[PDB]
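Snapshot of EBI-005 at Interleukin-1 receptor type 1, membrane form.
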Amino acid sequence: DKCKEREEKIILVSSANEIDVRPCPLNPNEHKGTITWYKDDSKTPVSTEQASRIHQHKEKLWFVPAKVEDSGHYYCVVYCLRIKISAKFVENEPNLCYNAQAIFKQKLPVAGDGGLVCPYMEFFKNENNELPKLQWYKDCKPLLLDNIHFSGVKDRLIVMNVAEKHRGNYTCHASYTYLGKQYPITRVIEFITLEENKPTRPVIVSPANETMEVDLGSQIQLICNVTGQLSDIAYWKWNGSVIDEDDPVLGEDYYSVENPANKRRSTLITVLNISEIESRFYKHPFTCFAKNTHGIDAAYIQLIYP
Amino acid sequence: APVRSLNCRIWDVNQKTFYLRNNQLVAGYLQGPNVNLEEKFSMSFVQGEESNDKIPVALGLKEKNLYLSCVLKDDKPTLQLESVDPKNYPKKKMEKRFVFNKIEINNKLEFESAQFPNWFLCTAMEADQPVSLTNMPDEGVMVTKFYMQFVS
Ligand SMILES: *[C@@H]1O[C@H](CO)[C@@H](O)[C@H](O)[C@H]1NC(C)=O
Ligand SMILES: *[C@@H]1O[C@H](CO)[C@@H](O)[C@H](O)[C@H]1NC(C)=O
Ligand SMILES: *[C@@H]1O[C@H](CO)[C@@H](O)[C@H](O)[C@H]1NC(C)=O
Ligand SMILES: *[C@@H]1O[C@H](CO)[C@@H](O)[C@H](O)[C@H]1NC(C)=O
Ligand code: NA
């Protein structure tokens, strides 16, 4: 009936001389049965004997510990599925406690409390379901987890009051027991900080609470010009309602331009198209709103008869 | 455009990023050349609740015409990707399945299903599992907070 074949696109780079585990990567959906593992192009399954350096246990593939020479492809055969998996094992760079190829990039905005996370710790839990305690380093120098500047909880490091100087390469170290023997585990994370997501209000440049004489039955467009961030929103209302999108006579077009000079003083232009001036439009103002998480500005144009 | 639409990157507060496996959105950790697998989003400002707390948005996969959407599956609110016709999408009045109420507190974002109030966009504690929805964001079962960075 023919085995299906998939080739996995994530290549996970791990440390030589560290324990590692790989699960066969099905989506829930493509589960269901006996999972055998094979090395390279063998059609003879891996060792099931946990004493052996590379072996199958609980349908996972274990390197105890891994070696650079293990780098290569492996198959897990889960009707049939057979997935080619490629893995890479790398020595630390000289005089370093990690290898840049194993870096997981992570990022937090400045000025908050935020977390780094030591990845792929899932499978190192001890019954009753706890992770071994992690030690954390930045550029290969120990961090004090004093719950004032840093905290270590489970797989996370809480960096308190994230600032620019926190940038650097962080390692998380654990020691895991497997068959009564202890094995080291590290992951490395390149920590990048982003500019302060900083609380300001949009400025409505135009309209500016003014009247405008217009002829009944004719057509006009009104421009709402807002100085702000690209992320702010600028939109029109009339008589307490957003401009309905199936409205047969009112329509909005939204345009924007990034200010290279100052990302915080970009422009939004929302054009309201009044395809026919109806007599009702003379009773209430058209109000442009400019909105983001910290506040609202509003300014209007009131149509009047000439 | 008839809808204000912004390119961004979105990652959860466990530093997981999104990618496609089969045809599903999953969340995990990528290294080296694999960062290529990361999906960016087009975030549109659609119509819905008029509030100082929430902004209704739809979330599309940048350039793939795949939209995040909340649908009942076996009597349970489920996040599914939906192929849309580029000819009609994105638009201001997105159907309610595509609508999320974006809530931002302290540089972190939650996305509440418009269709399913009290249900939030979330990822699992473990890497490489599908993105999902949950109505228990206050227990640390699932991750329901996200950061975003606008890339246009
Ligand atoms: C982390 O290490 C890599 C290579 O050693 C280097 O390119 C990078 O500049 C470092 N990053 C930071 C943020 O210190
Ligand atoms: C929007 O306002 C700013 C005023 O600073 C100006 O540079 C730009 O010309 C205005 N554009 C329109 C189309 O009103
Ligand atoms: C404004 O909308 C209200 C509420 O739906 C409606 O009753 C009223 O007719 C509108 N005012 C005008 C001038 O159309
Ligand atoms: C312009 O009009 C709006 C809407 O009534 C009002 O909120 C705002 O304060 C006015 N601005 C000025 C400078 O008068
Ligand atoms: Na490591």
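A note on names: the letters A, B, ... follow the listed sequences, proteins ahead of strands, and every chain is numbered from 1. Computed over heavy atoms, backbone and side chain alike; hydrogens, waters and symmetry mates excluded.
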*What are the identifiers of all copies of EBI-005 in this structure?*
chain B
_Contacts of EBI-005 at 4.5 Å, non-hydrogen_ = A:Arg6, A:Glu8, A:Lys9, A:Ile10, A:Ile11, A:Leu12, A:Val13, A:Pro25, A:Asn27, A:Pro28, A:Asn29, A:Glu30, A:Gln101, A:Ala102, A:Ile103, A:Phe104, A:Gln106, A:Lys107, A:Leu108, A:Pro109, A:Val110, A:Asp113, A:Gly114, A:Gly115, A:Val117, A:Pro119, A:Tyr120, A:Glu122, A:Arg156, A:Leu194, A:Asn197, A:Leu230, A:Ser231, A:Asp232, A:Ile233, A:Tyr235, A:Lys237, A:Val242, A:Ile243, A:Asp244, A:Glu245, A:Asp246, A:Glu252, A:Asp253, A:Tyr254, A:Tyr255, A:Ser256, A:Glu258, A:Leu268, A:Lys291, A:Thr293, A:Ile296
*At 4.5 Å (heavy atoms), which residues of EBI-005 contact chain A?*
B:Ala1, B:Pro2, B:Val3, B:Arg4, B:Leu6, B:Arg9, B:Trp11, B:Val13, B:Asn14, B:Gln15, B:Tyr19, B:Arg21, B:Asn22, B:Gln24, B:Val26, B:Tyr29, B:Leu30, B:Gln31, B:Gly32, B:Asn34, B:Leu37, B:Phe45, B:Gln47, B:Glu50, B:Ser51, B:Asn52, B:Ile55, B:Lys92, B:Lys93, B:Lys102, B:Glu104, B:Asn107, B:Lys108, B:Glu126, B:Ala127, B:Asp128, B:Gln129, B:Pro130, B:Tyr147, B:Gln149, B:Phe150, B:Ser152
*Per the deposit, which organism was chain A derived from?*
Homo sapiens
